[PDB]
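Entry below: contains paromomycin.
Chain letters run A, B, ... following the sequence lines, proteins first and then strands; every chain starts at 1. Displayed portion only: the contact tally does not extend beyond what is shown. Counting starts at 1 for both ligands and their atoms, in listed order.
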Amino acid sequence: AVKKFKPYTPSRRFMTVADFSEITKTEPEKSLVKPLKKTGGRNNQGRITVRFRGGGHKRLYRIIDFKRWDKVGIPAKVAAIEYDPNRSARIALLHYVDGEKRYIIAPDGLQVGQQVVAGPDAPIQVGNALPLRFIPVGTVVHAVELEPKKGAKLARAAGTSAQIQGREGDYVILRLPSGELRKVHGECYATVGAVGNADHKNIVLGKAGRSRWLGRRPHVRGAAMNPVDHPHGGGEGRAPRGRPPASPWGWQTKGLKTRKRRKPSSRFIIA
Amino acid sequence: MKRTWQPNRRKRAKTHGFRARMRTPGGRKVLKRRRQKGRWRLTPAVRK
RNA sequence: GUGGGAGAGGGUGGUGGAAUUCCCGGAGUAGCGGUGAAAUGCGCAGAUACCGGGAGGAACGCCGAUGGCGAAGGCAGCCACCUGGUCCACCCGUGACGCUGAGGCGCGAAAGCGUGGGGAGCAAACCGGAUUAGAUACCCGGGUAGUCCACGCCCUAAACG
RNA sequence: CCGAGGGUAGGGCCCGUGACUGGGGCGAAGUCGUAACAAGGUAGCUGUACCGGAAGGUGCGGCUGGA
RNA sequence: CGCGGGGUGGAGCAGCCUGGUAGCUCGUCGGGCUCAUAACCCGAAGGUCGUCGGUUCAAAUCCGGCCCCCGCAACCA
RNA sequence: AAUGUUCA
RNA sequence: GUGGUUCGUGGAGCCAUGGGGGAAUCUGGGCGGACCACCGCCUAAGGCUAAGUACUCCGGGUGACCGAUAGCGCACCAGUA
RNA sequence: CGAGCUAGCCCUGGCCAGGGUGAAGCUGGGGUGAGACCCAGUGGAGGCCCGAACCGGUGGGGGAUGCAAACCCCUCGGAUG
RNA sequence: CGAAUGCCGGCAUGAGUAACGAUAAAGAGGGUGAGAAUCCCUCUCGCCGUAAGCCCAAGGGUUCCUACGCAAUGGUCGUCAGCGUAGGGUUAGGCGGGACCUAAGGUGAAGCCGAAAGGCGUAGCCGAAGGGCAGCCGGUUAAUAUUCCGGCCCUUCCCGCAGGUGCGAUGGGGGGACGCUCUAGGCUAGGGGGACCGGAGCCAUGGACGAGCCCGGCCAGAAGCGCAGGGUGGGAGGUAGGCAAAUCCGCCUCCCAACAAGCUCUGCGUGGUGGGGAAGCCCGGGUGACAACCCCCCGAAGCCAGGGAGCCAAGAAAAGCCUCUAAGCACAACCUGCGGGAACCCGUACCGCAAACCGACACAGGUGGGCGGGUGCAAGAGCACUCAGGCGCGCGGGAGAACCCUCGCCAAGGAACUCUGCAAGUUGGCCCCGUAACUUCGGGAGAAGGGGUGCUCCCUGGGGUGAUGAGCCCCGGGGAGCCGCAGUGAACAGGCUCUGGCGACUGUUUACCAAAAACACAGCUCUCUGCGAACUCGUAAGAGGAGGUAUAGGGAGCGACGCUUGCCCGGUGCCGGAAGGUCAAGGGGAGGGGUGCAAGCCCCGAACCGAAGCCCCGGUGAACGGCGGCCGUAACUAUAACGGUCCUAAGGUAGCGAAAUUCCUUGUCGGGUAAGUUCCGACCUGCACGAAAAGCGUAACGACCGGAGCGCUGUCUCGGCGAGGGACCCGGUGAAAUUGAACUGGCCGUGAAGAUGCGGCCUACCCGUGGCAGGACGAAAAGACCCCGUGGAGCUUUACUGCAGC
RNA sequence: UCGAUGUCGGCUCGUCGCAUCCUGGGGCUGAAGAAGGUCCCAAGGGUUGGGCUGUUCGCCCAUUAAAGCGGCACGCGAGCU
Ligand SMILES: NC[C@@H]1O[C@H](O[C@H]2[C@@H](O)[C@H](O[C@@H]3[C@@H](O)[C@H](N)C[C@H](N)[C@H]3O[C@H]3O[C@H](CO)[C@@H](O)[C@H](O)[C@H]3N)O[C@@H]2CO)[C@H](N)[C@@H](O)[C@@H]1O
Ligand SMILES: [Mg+2]
Ligand SMILES: [Mg+2]
Ligand SMILES: [Mg+2]
Ligand SMILES: [Mg+2]
Ligand SMILES: [Mg+2]
Ligand SMILES: [Mg+2]
Ligand SMILES: [Mg+2]
Ligand SMILES: [Mg+2]
Ligand SMILES: [Mg+2]
Ligand SMILES: [Mg+2]
Ligand SMILES: [Mg+2]
Ligand SMILES: [Mg+2]
Ligand SMILES: [Mg+2]
Ligand SMILES: [Mg+2]
Ligand SMILES: [Mg+2]
Ligand SMILES: [Mg+2]
Ligand SMILES: [Mg+2]
Ligand SMILES: [Mg+2]
Ligand SMILES: [Mg+2]
Ligand SMILES: [Mg+2]
Ligand SMILES: [Mg+2]
Ligand SMILES: [Mg+2]
Ligand SMILES: [Mg+2]
Ligand SMILES: [Mg+2]
Ligand SMILES: [Mg+2]
Ligand SMILES: [Mg+2]
Ligand SMILES: [Mg+2]
Ligand SMILES: [Mg+2]
Ligand SMILES: [Mg+2]
Ligand SMILES: [Mg+2]
Ligand SMILES: [Mg+2]
Ligand SMILES: [Mg+2]
Ligand SMILES: [Mg+2]
Ligand SMILES: [Mg+2]
Ligand SMILES: [Mg+2]
Ligand SMILES: [Mg+2]
Ligand SMILES: [Mg+2]
Ligand SMILES: [Mg+2]
Ligand SMILES: [Mg+2]
Ligand SMILES: [Mg+2]
Ligand SMILES: [Mg+2]
Ligand SMILES: [Mg+2]
Ligand SMILES: [Mg+2]
Ligand SMILES: [Mg+2]
Ligand SMILES: [Mg+2]
Ligand SMILES: [Mg+2]
Ligand SMILES: [Mg+2]
Ligand SMILES: [Mg+2]
Ligand SMILES: [Mg+2]
Ligand SMILES: [Mg+2]
Ligand SMILES: [Mg+2]
Ligand SMILES: [Mg+2]
Ligand SMILES: [Mg+2]
Ligand SMILES: [Mg+2]
Ligand SMILES: [Mg+2]
Ligand SMILES: [Mg+2]
Ligand SMILES: [Mg+2]
Ligand SMILES: [Mg+2]
Ligand SMILES: [Mg+2]
Ligand SMILES: [Mg+2]
Ligand SMILES: [Mg+2]
Ligand SMILES: [Mg+2]
Ligand SMILES: [Mg+2]
Ligand SMILES: [Mg+2]
Ligand SMILES: [Mg+2]
Ligand SMILES: [Mg+2]
Ligand SMILES: [Mg+2]
Ligand SMILES: [Mg+2]
Ligand SMILES: [Mg+2]
Ligand SMILES: [Mg+2]
Ligand SMILES: [Mg+2]
Ligand SMILES: [Mg+2]
Ligand SMILES: [Mg+2]
Ligand SMILES: [Mg+2]
Ligand SMILES: [Mg+2]
Ligand SMILES: [Mg+2]
Ligand SMILES: [Mg+2]
Ligand SMILES: [Mg+2]
Ligand SMILES: [Mg+2]
Ligand SMILES: [Mg+2]
Ligand SMILES: [Mg+2]
Ligand SMILES: [Mg+2]
Ligand SMILES: [Mg+2]
Ligand SMILES: [Mg+2]
Ligand SMILES: [Mg+2]
Ligand SMILES: [Mg+2]
Ligand SMILES: [Mg+2]
Ligand SMILES: [Mg+2]
Ligand SMILES: [Mg+2]
Ligand SMILES: [Mg+2]
Ligand SMILES: [Mg+2]
Ligand SMILES: [Mg+2]
Ligand SMILES: [Mg+2]
Ligand SMILES: [Mg+2]
Ligand SMILES: [Mg+2]
Ligand SMILES: [Mg+2]
Ligand SMILES: [Mg+2]
Ligand SMILES: [Mg+2]
Ligand SMILES: [Mg+2]
Ligand SMILES: [Mg+2]
Ligand SMILES: [Mg+2]
Ligand SMILES: [Mg+2]
Ligand SMILES: [Mg+2]
Ligand SMILES: [Mg+2]
Ligand SMILES: [Mg+2]
Ligand SMILES: [Mg+2]
């Protein structure tokens, strides 16, 4: 839905925020070895190596389960659906019959009360994980793994998802969120359903700050700087690049493909 | 107005200290050069 | 009220095959395509033509009507679910409760507009090739918004019997 | 106290006028094309959308007051 | 004052560079189709090639003195 | 395959 | 490829190396300035080895060296204030 | 050799008188077939308003071997972000 | 040595000049002494009082206290001092640190990397204004005190002892434990009154013996005791988890019970009792005293605290502490009592918004935390006055010229000033009336324009606390009445409106000449990137990205929102093309050469097979980018819908247009003005607008830039008077740039072309002081501009040549 | 003159030149008068306030006897802006 505001103050006549009803029934994290001190920091060993990051509200890190073959067959009830500052997606706190509690990136549709489980035996329904091989071609899934046992790495952003296009050998063909067609091993797990909280792509930040609360500091334009700072910089009084559009490091930034050519990763791609 | 020198005992020790000067090969050379010139104070004398 | 009937009435979810296009594989060779005649264009980088595998979107052939449904706009593969109208019969119930309807409220093809999706074919604008004195057109080869969905708007018409 | 009026300040309605501008009516024989009336030689009409010296042209659907 | 570009039948453009030939489109003229006009068909006429000198055997064409033309630069303070 | 001055 | 040498690609050997191929043990093997052939030199892929040589923080001795703006930055409580 | 100035970021603490405006929610009333919606009441939102501390440095004047190698007076901008 | 703006030192000149450092302010009487405006005491006076007063951190290191002293240091003086000499002075189980814990980060066994130096880095260790932890009220010294002492109250360890229990980890679990904004109820700190309690005293000057005036009416405090709160369901069974070792967690299952109770844990009163105890008066001490030590009211931002509500940006760690079992050990061992004993190290002076810290200075600058009383004003930490407490700023005394600075007032006029209303005025708080276009419906709004405002008396409504009732406070409502020029009577305290330009908006910036139309910004588009992501740093290891996964992350441009964003893929870039052209090693060896008597050994070397790149083919604009000319033509003329032709990759669309763009140009009309090179509206031969280096608009916003009005003013006609601080004079102290030497006049000539200095002529006794700036081509800076030097740097690219990278 | 001679305009203070814009004398006149025109002598003293622009300069508005020209480093920044 997204909450909109009356225009009492500008920057807030455009501002809009998430429908937090989805979450509710729980704001406090499941402390139980669930959150960890999370180190902030826009740089590595001294130098900033990603520009314009910093500041941004204090943040606790919820550790979530991205490889569910741990508890194969051990079912669990969905305790709650909480808020995660560290992601676009919302998480779900799930108590296992085992007694062990874990977190999972909350799929769309999942509800407090439902039961869930991962395994080959597992029934094909929202929240359940299984190797792609045992998932019916056509079903939508999220939190897909890339190589087996390596853990989930695909379709985890709010409202994202992958769809099975069909098997072919030990591999199964997935159409990824981006839209690329990749062959992924059949043993790679993946939980059924879409990522959920798809209204996300619609929230309008609103003001200059807030972009700040999210830890994103101002991004200054190339042309605005000087010959020294960027290739675009310079020229007496406003100019048009004057070079084919380029990054501060000098590589062309409009259309120039960048992924490695001889990458073995290919052969399993097509899109 | 707020001037350049703002004395901090701990900062001074941790920066120009003896131990500090010892860790870095550059510093060890400082201690060397000074000791060899005859300085009475090899390091910024400061008491705590 | 009871007991029956017919229908593309409306919404939601699911699904079927033919066909167009694109992708992959196989085979195969100098044309294909287009027209009034051509040209642009596509094709020796292996096109057209034919076989096999795949993605995808849109539309529903034959039944099919000079038919049925709705108040209108309008509604056509098939399944289910949710639900609106309507007709017949029995002569049972209520007992004039009726008709129209200023204003109000609800609906309202197509085009067009917003937010997000989607995009095979088609196709305003737009670019080419001709035709013409001219050709900002009819023709041809391409092509974007649109057409498609969801939600929110627009409320017009030869909204015609 | 009220009080005709006078002042200052802000509003509402109407009339006159205004460089310039938009389209309309009207004026025997000016200019360009030929849309419509006969398949008006691209059936016409129409609401809507873009384009074009101009009438008009095309897309999408609707009409028969065309076949 | 500077750089270099254009001057040709009536219109707009060729040809000059590697001097000997002025070519295209348009129009203008006569003749056809029409009932007549346009389009179309047929066939012709039309150019001191800005001007004034010397190079040559020969000058649209090479060379310089002007003459309208067209552009570009004119700055530092 | 455009067109056909005006008033009778 | 390079480096070293007087040798800067030169006719460029020799002595070193990163990379590739890869022997033989005296009928073995390197060199004598591309390369061949003679003639001759020497024995690689393990190691050690005084003296003659270099310097002057230190002790001494001298000086056609200075003599407190000189001579060490300091003749003095100077690498101090 | 320097981030004891300045710039950015990281960890951990502190601070922001007093006024004003009065969003969303709720609660009751109204409305309708049910709604939309409209009222009051409560409520206390906001890189909102005024304005000290605090953070600045807009215009003018003074100062110019200064009080000061950037200062003073009046004025002025922000002030829960 | 005579010059090098030479080097070092000395001493001059300016000059008894500027200045003596905040315009908070001084006067006098006593002392002291060789000598006092300046030291000590007293009495007047003025200034501060969210301080110019207290307390703590940092830094400073003896300055602190006392006795002696004055050369120098205190911009004068100095008997004084932060100065000189000497001697004292800093006391802790509880305050703050360490024999505790962890943060960022640092270091760093293992482990990884790197010519060496060295770089990452696990465990561990280090790291604190954060966590954890036991001390209150008084009293003393010249100088210390939560440190010594008094009273009251705690903390660890060790021993003995009685009484208890499965005791026991560096392991498990719980916990510690956390945001922002808004808030309830009690409290407390703090403050105000009192007809009440205690007091020495005072009736002045016209009055008052007064329910008068004046002073003061508390602090701490175990257990118990109340009053507020914070925490918390009890049971009983199973169990696939807690890298299962558990009767502890966690999970299910099930009797009871729940806007609770009890159980716990704080806060606050209360408390045995200890402690403090003015004004005044007499010499810090006494006295005031065996001082009283009570009652109302206001009341926190603090306490109960882990209280509650709402919100999105979703808010440290570890130890102590509970609990659980492991080995083990059950003679251990822990637990509770109770007495005895034991209890280390470092800091403690003083300054601390400043004369002791950072600014070379006893420098109008800078410096984190807490307290910060009273009255009045709507409120307040604001403003005015004032407590406590602290100051009068380390040169003075006169004179009352110009001129300057800071300040007050002004006839008549009222922007005529000027680049410009620059500056100054006006307005100003609160209550009430009452308010337009336009808009994104919030706003514009404090629009504008107005009225009221003091005190006196009467009537009258709600509340809080009490108790319902009186006091005490908090909000009000209505009549009359008094006095001034004036009632927010002083101080704090908007001038307003109309119409343009630019950017949407709050915000950022050139520390020290630019605060802006610049940057950023939400938002739009393009592009890269399937995760060992792209991209960035690094030789590497490794790291950031990200414990993220395209609803994500990198790069680019545009820059809210509205309506929109045309045509040209010729060139350039980028994307796509398994064909061809070309192409390096390398493979391949037709063929040829050097030598040997030779087998040989050596050299060249064509066909042909050989990547990426370039070529070629095609796409591509919110990719670099680009988006025409010349003739003719209507039945008055003008003009040209229409036509011809040349060129192109295509010839600029909507919209805007003499503009932040228009040269000609003050374009031409219209508006405003008595007059308008600016402004607004029109037009359009746009020298040279135009669509994301976006185009045209837009409510609101702006210490942005332009044009008008009203109000109001010394900005001006046009200047006048007045005040304070300098200037001037006297006493004290006493600089600087500059300076070839000077005995340094005018004119007209002359001269290297602008003469005190040459020529001629003309004035002119010697020397100062207060003023003014025409000259000394005055000072200050080896001219920035300019040119030059085969000088230097920063920047660019289809300049050359390399290197990283790919 | 570059080991520096501050550059436009304005304001303030002027002084001079005179080829005279006023005001004084005067001769011609196609001078009737009143006017004017042109030349001659003569600066003693005069030679306004606004609108527009940085302007100098101009052009306007309202006046005037007239609203003169020009030099003084396009006089004057150790006088201001
Ligand atoms: N006719 C009146 C309205 O305006 C237009 O009509 C106007 C024009 O089309 C028309 O112009 C015509 C022209 O079309 C035709 N081909 C040639 C003719 N000579 C012109 O005629 C015009 O001009 C002449 C003077 O020159 C006048 O005398 C005459 O009245 C006038 N109509 O003149 C009309 C003015 O009245 C619309 N086409 C018409 O449908 C509409 O109703
Ligand atoms: Mg380091
Ligand atoms: Mg930016
Ligand atoms: Mg740099
Ligand atoms: Mg560059
Ligand atoms: Mg420019
Ligand atoms: Mg459907
Ligand atoms: Mg194929
Ligand atoms: Mg097939
Ligand atoms: Mg479908
Ligand atoms: Mg039905
Ligand atoms: Mg009946
Ligand atoms: Mg539609
Ligand atoms: Mg649409
Ligand atoms: Mg098509
Ligand atoms: Mg077509
Ligand atoms: Mg669109
Ligand atoms: Mg569908
Ligand atoms: Mg719809
Ligand atoms: Mg419709
Ligand atoms: Mg009008
Ligand atoms: Mg027709
Ligand atoms: Mg037709
Ligand atoms: Mg037609
Ligand atoms: Mg068309
Ligand atoms: Mg049709
Ligand atoms: Mg006719
Ligand atoms: Mg007639
Ligand atoms: Mg050997
Ligand atoms: Mg000697
Ligand atoms: Mg010496
Ligand atoms: Mg001597
Ligand atoms: Mg710092
Ligand atoms: Mg409300
Ligand atoms: Mg604010
Ligand atoms: Mg202010
Ligand atoms: Mg504010
Ligand atoms: Mg000199
Ligand atoms: Mg000297
Ligand atoms: Mg003086
Ligand atoms: Mg005072
Ligand atoms: Mg200290
Ligand atoms: Mg002295
Ligand atoms: Mg002393
Ligand atoms: Mg110890
Ligand atoms: Mg290290
Ligand atoms: Mg420690
Ligand atoms: Mg601590
Ligand atoms: Mg706690
Ligand atoms: Mg108290
Ligand atoms: Mg008396
Ligand atoms: Mg009291
Ligand atoms: Mg007590
Ligand atoms: Mg209780
Ligand atoms: Mg129990
Ligand atoms: Mg259990
Ligand atoms: Mg175990
Ligand atoms: Mg303080
Ligand atoms: Mg000091
Ligand atoms: Mg000091
Ligand atoms: Mg200084
Ligand atoms: Mg100071
Ligand atoms: Mg104050
Ligand atoms: Mg002083
Ligand atoms: Mg002083
Ligand atoms: Mg006056
Ligand atoms: Mg007056
Ligand atoms: Mg003026
Ligand atoms: Mg003036
Ligand atoms: Mg002006
Ligand atoms: Mg002003
Ligand atoms: Mg006020
Ligand atoms: Mg406004
Ligand atoms: Mg702005
Ligand atoms: Mg500003
Ligand atoms: Mg936008
Ligand atoms: Mg921009
Ligand atoms: Mg192109
Ligand atoms: Mg080769
Ligand atoms: Mg070979
Ligand atoms: Mg190739
Ligand atoms: Mg004509
Ligand atoms: Mg006529
Ligand atoms: Mg146009
Ligand atoms: Mg103009
Ligand atoms: Mg204009
Ligand atoms: Mg005008
Ligand atoms: Mg464009
Ligand atoms: Mg813009
Ligand atoms: Mg502003
Ligand atoms: Mg601002
Ligand atoms: Mg303005
Ligand atoms: Mg004055
Ligand atoms: Mg005076
Ligand atoms: Mg004196
Ligand atoms: Mg002279
Ligand atoms: Mg002379
Ligand atoms: Mg004098
Ligand atoms: Mg002077
Ligand atoms: Mg020089
Ligand atoms: Mg040169
Ligand atoms: Mg010069
Ligand atoms: Mg000089
Ligand atoms: Mg003059
Ligand atoms: Mg004369
Ligand atoms: Mg000056
Ligand atoms: Mg001066």
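Tracing paromomycin through the model gives ligand 1. Short version: main partner of paromomycin (ligand 1), named per the PDB entry, is 16S rRNA. The letters of other chains with a heavy atom under 4.0 Å from paromomycin (ligand 1) are D. Under the PDB entry, the species noted for RNA chain D is Thermus thermophilus.
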